[PDB]
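Sequence lines set the chain letters: A, B, ... in the order given, protein chains first and strands last, and positions in each chain run from 1. The structure shown is a partial extract from the entry, and contact counts are restricted to the extract. Side-chain atoms are counted along with the backbone in the values below, which use heavy atoms only and exclude waters and symmetry mates. We count ligands from 1, going down the list as the structure has it; atoms in each ligand are counted the same way.
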Amino acid sequence: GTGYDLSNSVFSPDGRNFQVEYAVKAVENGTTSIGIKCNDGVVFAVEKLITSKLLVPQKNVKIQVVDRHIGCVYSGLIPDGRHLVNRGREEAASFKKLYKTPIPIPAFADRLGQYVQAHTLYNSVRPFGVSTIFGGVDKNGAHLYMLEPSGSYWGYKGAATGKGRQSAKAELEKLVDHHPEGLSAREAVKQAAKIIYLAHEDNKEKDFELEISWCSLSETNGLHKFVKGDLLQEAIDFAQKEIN
Amino acid sequence: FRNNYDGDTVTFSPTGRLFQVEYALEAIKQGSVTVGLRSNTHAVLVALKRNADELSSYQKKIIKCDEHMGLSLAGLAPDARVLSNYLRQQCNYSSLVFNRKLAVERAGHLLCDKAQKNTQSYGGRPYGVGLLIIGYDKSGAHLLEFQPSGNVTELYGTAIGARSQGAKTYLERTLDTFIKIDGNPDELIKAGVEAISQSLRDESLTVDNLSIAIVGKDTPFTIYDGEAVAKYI
Amino acid sequence: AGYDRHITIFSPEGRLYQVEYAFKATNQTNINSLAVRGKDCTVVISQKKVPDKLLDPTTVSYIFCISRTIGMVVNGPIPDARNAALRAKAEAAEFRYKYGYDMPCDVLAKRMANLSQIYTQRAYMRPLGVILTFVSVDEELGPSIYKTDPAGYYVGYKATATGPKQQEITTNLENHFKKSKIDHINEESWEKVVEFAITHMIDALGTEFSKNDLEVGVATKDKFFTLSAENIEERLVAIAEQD
Amino acid sequence: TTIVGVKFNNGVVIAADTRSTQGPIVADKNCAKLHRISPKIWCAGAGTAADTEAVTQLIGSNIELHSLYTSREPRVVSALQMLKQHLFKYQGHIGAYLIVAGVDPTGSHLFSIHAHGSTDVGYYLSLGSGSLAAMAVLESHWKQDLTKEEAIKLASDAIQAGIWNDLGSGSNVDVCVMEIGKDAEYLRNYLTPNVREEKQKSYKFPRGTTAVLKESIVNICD
Amino acid sequence: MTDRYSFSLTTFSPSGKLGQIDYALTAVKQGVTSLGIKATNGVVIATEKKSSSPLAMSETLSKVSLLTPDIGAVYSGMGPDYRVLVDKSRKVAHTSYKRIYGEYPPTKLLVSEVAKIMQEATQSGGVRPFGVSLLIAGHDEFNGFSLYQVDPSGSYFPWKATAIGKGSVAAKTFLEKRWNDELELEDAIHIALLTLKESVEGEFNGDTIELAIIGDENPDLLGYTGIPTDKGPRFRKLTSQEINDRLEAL
Amino acid sequence: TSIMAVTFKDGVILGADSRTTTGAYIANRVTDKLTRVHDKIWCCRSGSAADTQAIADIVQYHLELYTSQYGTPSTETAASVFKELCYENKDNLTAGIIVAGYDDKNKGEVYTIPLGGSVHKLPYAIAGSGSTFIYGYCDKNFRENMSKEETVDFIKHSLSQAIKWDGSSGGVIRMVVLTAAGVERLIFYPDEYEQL
Amino acid sequence: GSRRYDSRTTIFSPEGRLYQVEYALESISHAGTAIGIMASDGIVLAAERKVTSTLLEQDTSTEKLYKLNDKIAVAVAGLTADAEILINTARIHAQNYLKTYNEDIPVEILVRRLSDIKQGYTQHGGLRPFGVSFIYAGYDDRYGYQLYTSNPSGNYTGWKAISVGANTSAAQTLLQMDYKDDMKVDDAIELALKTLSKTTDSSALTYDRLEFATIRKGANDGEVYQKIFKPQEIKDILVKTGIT
Amino acid sequence: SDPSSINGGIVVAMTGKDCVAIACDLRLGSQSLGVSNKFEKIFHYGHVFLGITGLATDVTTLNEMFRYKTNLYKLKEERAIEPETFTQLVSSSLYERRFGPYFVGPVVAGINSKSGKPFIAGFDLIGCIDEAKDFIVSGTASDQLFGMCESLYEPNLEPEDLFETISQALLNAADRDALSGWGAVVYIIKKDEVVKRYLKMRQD
Ligand SMILES: *C(=O)[C@]1([C@@H](O)[C@@H]2C=CCCC2)NC(=O)[C@@H]2CCO[C@@]21C
Ligand SMILES: *C(=O)[C@]1([C@@H](O)[C@@H]2C=CCCC2)NC(=O)[C@@H]2CCO[C@@]21C
């Protein structure tokens, strides 16, 4: 029959979970955001659509930090994104409190994963309307991740989601081939700025604001920090230049 | 279509929409208009109070949350009482425990998160009201727009409710002008009334009909109604 | 009435469609795996497919180290797989704490099967779209392979396979054992058992494998471990110098 | 009370005296301090009788269910873990002091548990008010590589030390041998060195000696 | 989260039928045939080990389970449902009887306990009935030997002999012909093997059949000696070899 | 009780007497106070035998589950789990614990968790009734980066002295060596350490 | 959510009837018939065993007559398993009363309690009612011999003679035809068998298809005695009454 | 202060040839004050007899509890409970109150209806079962009872003889106890019949 897509934990005859798939539609309808893993860190960047001149510039920050070494950015229903970070934060505090050492990125990823997967087990809840790109530096390296509404996640070299995910993925794949040795944090920041600008074409109708953050063993001491001032403008320019 | 995916907030439509949330947003549009704008020294709230009969009062639309914070509502009044009450507690908590006044940006995050919980679980319903929060904290004057979806944004000015679009375009135009009305509340308030009258149509703002509130540098969030707003009509 | 296909209640034919559709989900990853028992080890092979060039191959796996002695390979979506892995680990650790000895492979299996049986009976819990294959070298039973499905069913195997082309691998193995007449790969080294495993994987699926097309897990006395791309390559080379 | 455990080359043997007391009064002259947890895992108890007894049956019950569920023979370390975590939880309020032995798929074992939940391992052990008399004997005659017969003798002698030298112990000696390849053998009253001598007179009263006021038949059939 | 299914999933239809029970019974009907026969000095329960694959090890899956040392069970229907029912039955024999009276429960009472567990899955909120029918055979001092059947509704009834599952109708008929109140245990075992043959399509030997009996005490299966009153379990599963020896005299 | 842990060039060594008493009676003269909570993370137990056992059993459980999910735990992390249990339950426990582990990056490490539940990382640590008598000796003879032989010697002498003066200590001296090479068990009998 | 699958077992029909109770009663009407006849010197309970086989063990069977107290018994019509749940709680309530007042529970008090439990499943809880109807035969020193009846709704009433289960209309008319206030236990025993005999949906009425019980006050004693007839006993009385 | 020395009282059971006897005094006092001379401490459920010494309120409560439990047992088991089984029911019921026990000293006596074997057993307040073959004592004059029994008792006494023995044991022990006496009752039990006799004794 039909109706397999009305309740959240139901398996359709072909083994799918339609509500999780409809959740994805909410994610694809969102702003584009990416992540780039560099030789000793990771960079996050996101597109911020300027609905009007009334939005105070630089104020509505979207990227979020977890603990002191993890960055998270997402596309879709913003509120769902925050909800997930809040859990991530409790998840990280709990881990540090018991084990003393700040939580490893792989461990942190599964914490987010199990939580999201949990929201696809009952019809009394709705799946998350966001895909999340997060990562940081830990005991052994840098790690980048993307988490889908199904709870599925994998480690990435580069990642993108949202409206212009295809352009982004395309640009990301180029970098992967032309740099088997590894991009530097400094470079990744610029490259990132470019990818957002490019991918912004799939939304070229509205003006936007660029936002970047990074976590580099050498550039930030392994702490997640936002790219501001000079370093920011320098990247904005590098993009504005290669956009023509 | 829609009819099969709008029976409760826990259901996504085939296109990724949340109708219950959207239907809630509709309650705001049906609400009376209210405006908000700020310079670098003050923040103002101008709200059009709506009356039932000519024998009835004009329902209050501005609520003070603390000495440095407050908001204006558009939609289900009861839901604003709940949300403002929660904002009052959060401000109170910050003071009592950390002897710190709650950052307007932090209040926004708290409202977003409280609204979000009511859009992901079975049984509840989204809040059916919009809020404009203004306040003066350690980083100056601030204005926030809260939508039941859980989306909160910081702006220089804005308006919500019926015909709100009028005032909103006016402000988006007058921007460079009012954003510099520093050290002169009366000028900011007048600019607020001029933006709000851009959404009139039915009548004209009267004395027991207009409601204004201001906060800033050396001005604790205070509300003016009636005679007190006469000098602005 | 027609909801007897949304939750786990009987259909007029005495069926549980939700459990059936859950079985369907297990093949969603289009990955095949097989397990065989050695003389004193247990091996599990599973195809590894990494499509996206943006992925970090090292983080893509459907094999899990549940305990020092138990390994588990999962056929099905990764999120449900990881939900099953965590639970199995928690269960394995608690068993040791309470009863003072390592949880046996068959017991861990029965426990996971029972948990599944429950989602099959309680309406608020959905089944997990996965098939779990547990392996180890039990201190009492020797090399062990126990597998569980969304129906809460489980049993031990001499060898087994799981996935879209399950049937082909199965008949291939069946044939080999009808021939050998024994219920295990009579080899002293796990390396050779791993080779036998990969070899028949190829014969049955009619495909060639590189070092990044496979994923291997081995269980020996007091330890279960997964092989590296290089440990595998060394395996692929050995089998090459025979054909 | 005197209870001991002694390992021998291919198994373990536990034994105990048969005196039960309430203060200075001997309540049971032949109680049984040797209980079974599972067919091949036996316990010797000291301390509060109701507790050693109750605790042995509770863990025994659960050990049976665990066995049935895992399709395996119960292991001594399992009864030990279940006993200690139970006793620990009750902070010593469950006055159970036990010597738990037995054979299982992993070999032959000998342990001791105290009311507070601590456990100990050894080749020879004893607990109870007779503890010190028994231990003195064990420290004097034990040796590694004892034969089944030597272990029985040693264990049996250790309890005798308690029976004779400890007022908290007396009457008979109960033994239980658990050998790696065979069935456990429970030897109730393996020794009975305290038979009461024939009384000097018979106190059988002539019928009618007791004055009766009223008499009647009690109805038992419903 | 939280099970919000606090209402019955089995309710009365206008006709007075209880749908889910009926469907559960239908599931039982598709299940492999199983049977039980009572003799004057024992009881035998048997079923077919329908190996779902030749790579599977049929021994690692017992359809005949020991509930207490004098009681055993067999079924027809959904295997996973049976497995958990056995765990729950073994535990209830303890919690509701052995831990109170210091002895194992008599067959009728344990049967009664199982039945209650099943009846609840017929009325409690958020669940479906168990998709199985069990045949429990046992012995106890004051009731002697007995055989019971327990259906998804939770109902149970005593039998001299009966069958459930696939060819229950045919098998029940064949049993009515050979049963008398003077059968010795071996006779029942024989009759059981014959009855089971008619229900088996392929191979019929001690590796494809599972059979147990409730009979005399097996002191050799006690594990210890020294206590006169403890003589051993009456329940005993037959070995592959023991079955084949009897199949030759088929 | 007399227990100590000493870090050295190739890792760390644990040591302890083998006596458990109930008053003046020696309930166990061959006790093993050196408990394993992980392959290369062990602890020294003093105070309540029942409490320290229960604590250790739980830490081992916690580290087993930790390993299953995040790999081998750092010695610091093991000490943190012990600490959590001792601090949070300080009112109902009497446990003096010394945690010792060997890491390849960190080499040997020693964390001492005294009665209140506080944690102290040190080059070496001593504890138990017998320790009081060897404070001066140890402070005068300890040196950082000693060889395995020197370290075994330091522990052997220190403990024999503690055993000498403390009636609450005795039996044999047990030691556990934790290095990259593996785990080694050492035992020393009365006739040897008494005449040192 | 879950609401979607809630049958709502406790609501009113537009006519003010309780669906579930009505359907449960419908279920009961297909159950073997049970009769209750009260005489001056006793009470008779008789029931027809629904479905039987040559292999069914009748000596060890009981599916319709249950002892609640030494002075109270019930005849069941409906789901046996449901009846057993209620019977057990009825037995516990009787003992609670005994332990509290040191007097056997008055027959009505026990019946009202059981009926109240049934009424509950009718007003709250969202669960199906018990598909059971009871005929209570008991004795106490305030009302002597009493006969009651309770059904799924939770209603109960007193009778001189009554039946529950299949063909009650036919059974009731036959009883109302030959019943007489001054009857005697022996008379009632006969009436009961005649009534079942004419309402059976089966060929003949044999002993293997009946259960019989009487509550008399054996003149040679002075106390109350319940007698659940044994197979042979039923076979006898079946010949005597002229049904062979 | 001592809940077991407030009301006073004793009970004693003995085994004989194909028979068992259980006896008790009839006193119920409040310390020094005698209150009732008819407080029987023996009860029965079917053919199983239970005597109970200790705090009167608990003696009463336990009897009511065991009646309640043996009643349901009969209804489910369809047979009367046996001595050995009841003994286990008593034990587990008492232990269930391990940390807030009933202050009593129970004693079970009876003959197994199927094996004909005689059976007696005693329990401490938390259920520890004492299963002696000869005799079992309980109450404020238990020391005296042990002395009487140990001397006066001999195996396989006939019913008529065991009656004399148990009666003399009870009587002379009660007369050395301030809190016991004021009447006595002796139960002689056999497979088929049970006779209950009230004894004549001092009333001080
Ligand atoms: C021995 O420990 C002892 C026994 O009465 C008791 C009886 C049965 C099993 C456990 C052991 N316990 C006691 O409390 C008395 C007093 C001194 O020791 C006893 C004889
Ligand atoms: C040592 O602290 C000591 C040990 O009995 C105890 C036993 C095992 C591990 C922890 C240490 N604790 C004690 O209470 C006694 C008395 C003095 O110190 C003991 C010997």
Novice: Not sure I'm reading this right - what drug is at ligand 2?
Specialist: salinosporamide A (bound form)
Novice: What would the PDB entry call the macromolecule that lies against salinosporamide A (bound form, ligand 2) with the most contacts here?
Specialist: Proteasome component PRE3
Novice: Any idea which other chains come under 4.0 Å from salinosporamide A (bound form, ligand 2), counting heavy atoms?
Specialist: F
Novice: Give, by chain and number, all residues and nucleotides of other chains with a heavy atom within 4.0 Å of salinosporamide A (bound form, ligand 2).
Specialist: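 The site of salinosporamide A (bound form, ligand 2), heavy atoms only, is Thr1(F), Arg19(F), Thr20(F), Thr21(F), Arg45(F), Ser46(F), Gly47(F), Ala49(F), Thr52(F), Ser168(F).
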Novice: What neighbouring ligands or ions lie under 4.0 Å from salinosporamide A (bound form, ligand 2)?
Specialist: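 Other ligands and ions within range: none.
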Novice: Who's the nearest protein heavy-atom neighbour of atom 5 (O) of salinosporamide A (bound form, ligand 2), and how far?
Specialist: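 Going atom by atom, the protein heavy atom closest to atom 5 (O) of salinosporamide A (bound form, ligand 2) ends up being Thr20(F) CA, 3.3 Å.
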Novice: Considering only non-hydrogen protein atoms, determine which one is nearest to atom 19 (C) of salinosporamide A (bound form, ligand 2) and report residue, atom name and distance to 0.1 Å.
Specialist: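 Scanning the protein heavy atoms, the shortest distance from atom 19 (C) of salinosporamide A (bound form, ligand 2) goes to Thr1(F) OG1, 3.3 Å.
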Novice: Check the entry and name the source organism of chain F.
Specialist: Saccharomyces cerevisiae
Novice: Measuring heavy atom to heavy atom, which UniProt active-site residue of chain F lies nearest salinosporamide A (bound form, ligand 2), and how far away, to 1 Å?
Specialist: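 Of the UniProt active-site residues, the closest to salinosporamide A (bound form, ligand 2) by heavy atoms is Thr1(F), 1 Å.
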Novice: Is there any N or O on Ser168(F) that sits under 3.5 Å from an N or O of salinosporamide A (bound form, ligand 2)?
Specialist: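 The answer is no, given that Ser168(F) and salinosporamide A (bound form, ligand 2) share no N or O pair closer than 3.5 Å.
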Novice: Just distances here: any N/O of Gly47(F) and N/O of salinosporamide A (bound form, ligand 2) closer than 3.5 Å?
Specialist: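 N/O-N/O distance below 3.5 Å exists for this pair.
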Novice: Does this PDB entry show a covalent bond joining salinosporamide A (bound form, ligand 2) to the macromolecule, and to which residue and atom?
Specialist: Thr1(F) OG1
Novice: What atoms of salinosporamide A (bound form, ligand 2) come within less than 4.0 Å of a heavy atom belonging to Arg45(F)?
Specialist: 9 (C), 10 (C), 11 (C)
